[PDB]
> 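Here it is, the structure, as structure tokens.
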Amino acid sequence: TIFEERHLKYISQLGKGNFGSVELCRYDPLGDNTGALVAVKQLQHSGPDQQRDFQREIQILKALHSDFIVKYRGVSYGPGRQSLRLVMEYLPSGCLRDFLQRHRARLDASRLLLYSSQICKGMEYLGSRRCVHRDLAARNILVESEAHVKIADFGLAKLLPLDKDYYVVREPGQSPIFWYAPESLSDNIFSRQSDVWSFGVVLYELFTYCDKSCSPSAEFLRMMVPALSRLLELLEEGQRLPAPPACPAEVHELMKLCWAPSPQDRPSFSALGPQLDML
Ligand SMILES: C[C@@H]1CCN(C(=O)CC#N)C[C@@H]1N(C)c1ncnc2[nH]ccc12
């Protein structure tokens, strides 16, 4: 699980987010271009707060073992003990947002429900580890195959101490505001139940095939003082994203429950899973 810097050969960018980037590299210790492709995350530049967070992220992912969480492979170092890069499995079908847009006409509602169930199970597992994800969105889901997706980034994830079932951040966060639960917008509170809110938005993303014209940003902005206050207002009045075109009624009802105003009245991932499998 220790990868030597000198054997990581840089090929291409796979994505970026939250002060980090993921690159496609070949781990090629023979130097003949036959080594395994890996996905390698690093900070885009040096930062002391970001480095502390990055080491924590690595320890979170290292301790996750699930069919629905991207596989941790190891780390590369540089000044010891200074983690330079997080090495993960590379899954070439890539991000679910991109995959849905491209294969839209090939994937039916059963496939979307399968993806929904897999994401829900990943999240049930995450919450069992006292991990709050905080950034659940289709952009952070990875496609292993046409019938298998995995939660694939943990840049903002936090571990809940044993005696507190939420965490409050000091500043407002810097993620697109359209996945945030009301209590995160109003009071920077995050919990496993704000993850459920975000999962409702992920269901919306799936059933819109991440179409840009009716995306959470496009549609909320169209429906919508500062933007965050307008969105909070809109949400506090009980307005919600509209059912996606052709959305099964049962799924739309599940989204609405995920979007209960109060965190306590949202269903658990434990409860959602069986309901998704039933559908
Ligand atoms: C959807 C995956 C998680 C989010 N991504 C980031 O780059 C976040 C940052 N920084 C892209 C990544 N993705 C395109 C991947 N694509 C292919 N293999 C991958 N392994 C691990 C991630 C990954």
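Positions are given from 1, in the same order as the sequence printed here. Just so you know, ligand 1 is whichever comes first in the structure, and atom 1 is the first atom listed for that ligand. Scope of the values below: all heavy atoms of this structure, side chains included, with no hydrogens, waters or symmetry mates.
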> Any chance you know which drug is at ligand 1?
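It is the drug CP-690,550.
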> Write down the name, per UniProt, of the macromolecule bound to CP-690,550 with the most contacts.
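With more contacts than any other chain, that's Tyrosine-protein kinase JAK3.
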> Tell me which protein heavy atom sits closest to atom 7 (O) of CP-690,550, plus the residue, atom name and distance to 0.1 Å.
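The answer is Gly15 C, 3.0 Å.
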> What is the listed source organism of chain A in the PDB?
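The entry lists the organism as Homo sapiens.
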> I'm curious whether CP-690,550 gets near the natural ligand site - which UniProt ATP-binding residues in chain A have a heavy atom within 4.0 Å of it?
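UniProt binders with a heavy atom in range: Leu14, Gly15, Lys16, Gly17, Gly20, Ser21, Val22, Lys41.
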> Quick one: does CP-690,550 sit under 4.0 Å from the side chain of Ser21, the backbone, both or neither, non-hydrogen atoms only?
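The answer is the backbone of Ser21.
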> In the protein, which heavy atom is nearest to atom 22 (C) of CP-690,550, and how far is it?
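Checked against all protein heavy atoms, atom 22 (C) of CP-690,550 sits closest to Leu142 CD2, 3.9 Å.
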> Considering non-hydrogen atoms of the protein only, which is the closest contact for atom 2 (C) of CP-690,550, and what is the distance?
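Among all protein heavy atoms, the one nearest atom 2 (C) of CP-690,550 is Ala152 CB, 4.0 Å.
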> Show the atoms of CP-690,550 that are less than 4.0 angstrom away from any heavy atom in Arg139.
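Listed by number with element: 1 (C), 4 (C).
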> Using a 4.0 Å cut-off to any heavy atom of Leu91, which atoms of CP-690,550 qualify?
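Those qualifying, in numeric order: 17 (C), 18 (N).
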> Closer than 4.0 Å to some heavy atom of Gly20 - which atoms of CP-690,550 meet that?
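Those qualifying, in numeric order: 10 (N).
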> Hey, which atoms in CP-690,550 end up nearer than 4.0 Å to a heavy atom of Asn140?
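Those of CP-690,550 that fall under 4.0 Å from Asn140 are 4 (C).
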> Can you tell me which portion of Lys41 lies within the under-4.0 Å heavy-atom range of CP-690,550? Options are side chain, backbone, both, or neither.
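Under 4.0 Å from CP-690,550, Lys41 contributes side-chain atoms alone.
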> Counting only non-hydrogen atoms of the protein, does one fall under 4.0 Å from atom 15 (C) of CP-690,550?
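Yes; the ligand atom in question has protein heavy-atom contact below 4.0 Å.
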> Going by the order shown, which atoms of CP-690,550 are within less than 4.0 Å of some heavy atom of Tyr90?
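Counting atoms of CP-690,550 from 1, those under 4.0 Å from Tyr90 are 17 (C), 18 (N).
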> Could you tell me which UniProt domain of chain A does most of the contacting with CP-690,550?
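In chain A, it is the UniProt domain Protein kinase 2.
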> With respect to atom 8 (C) of CP-690,550, which of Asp98, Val70, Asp153 exhibits the smallest heavy-atom separation?
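Comparing heavy atoms across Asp98, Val70, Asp153, the nearest one to atom 8 (C) of CP-690,550 lies in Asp153.
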> Closest non-hydrogen protein atom to atom 11 (C) of CP-690,550, residue and atom name please, with distance?
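Result for atom 11 (C) of CP-690,550: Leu14 O, 4.0 Å.
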> Which CP-690,550 atoms are under 4.0 Å away from a heavy-atom of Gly17?
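Result: 9 (C), 10 (N).
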> Is the contact between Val22 and CP-690,550 made by the side chain, the backbone, both, or neither, using heavy atoms and a 4.0 Å cut-off?
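Contact part for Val22 vs CP-690,550: both backbone and side chain.
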> Identify which residue UniProt marks as active site in chain A lies closest to CP-690,550, and report the minimum heavy-atom distance rounded to 1 Å.
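Using non-hydrogen atoms, the nearest UniProt active-site residue is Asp135, 7 Å.
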> N/O to N/O below 3.5 Å, does that happen between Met88 and CP-690,550?
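No; the residue has no nitrogen or oxygen that sits under 3.5 Å from a nitrogen or oxygen of the ligand.
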> Counting each atom of CP-690,550 from 1 as listed, which ones have a heavy atom of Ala39 under 4.0 Å away?
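Those qualifying, in numeric order: 18 (N), 19 (C), 20 (N), 21 (C).
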> Could you find the nearest protein heavy atom to atom 20 (N) of CP-690,550 and give me its residue, atom name and distance?
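Protein heavy atom at minimum distance: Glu89 O, 2.9 Å.
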> What residues sit within 4.0 Å of CP-690,550, counting only heavy atoms?
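By heavy-atom distance, that gives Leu14, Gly15, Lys16, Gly17, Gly20, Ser21, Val22, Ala39, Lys41, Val70, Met88, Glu89, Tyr90, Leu91, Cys95, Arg139, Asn140, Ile141, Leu142, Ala152, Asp153.
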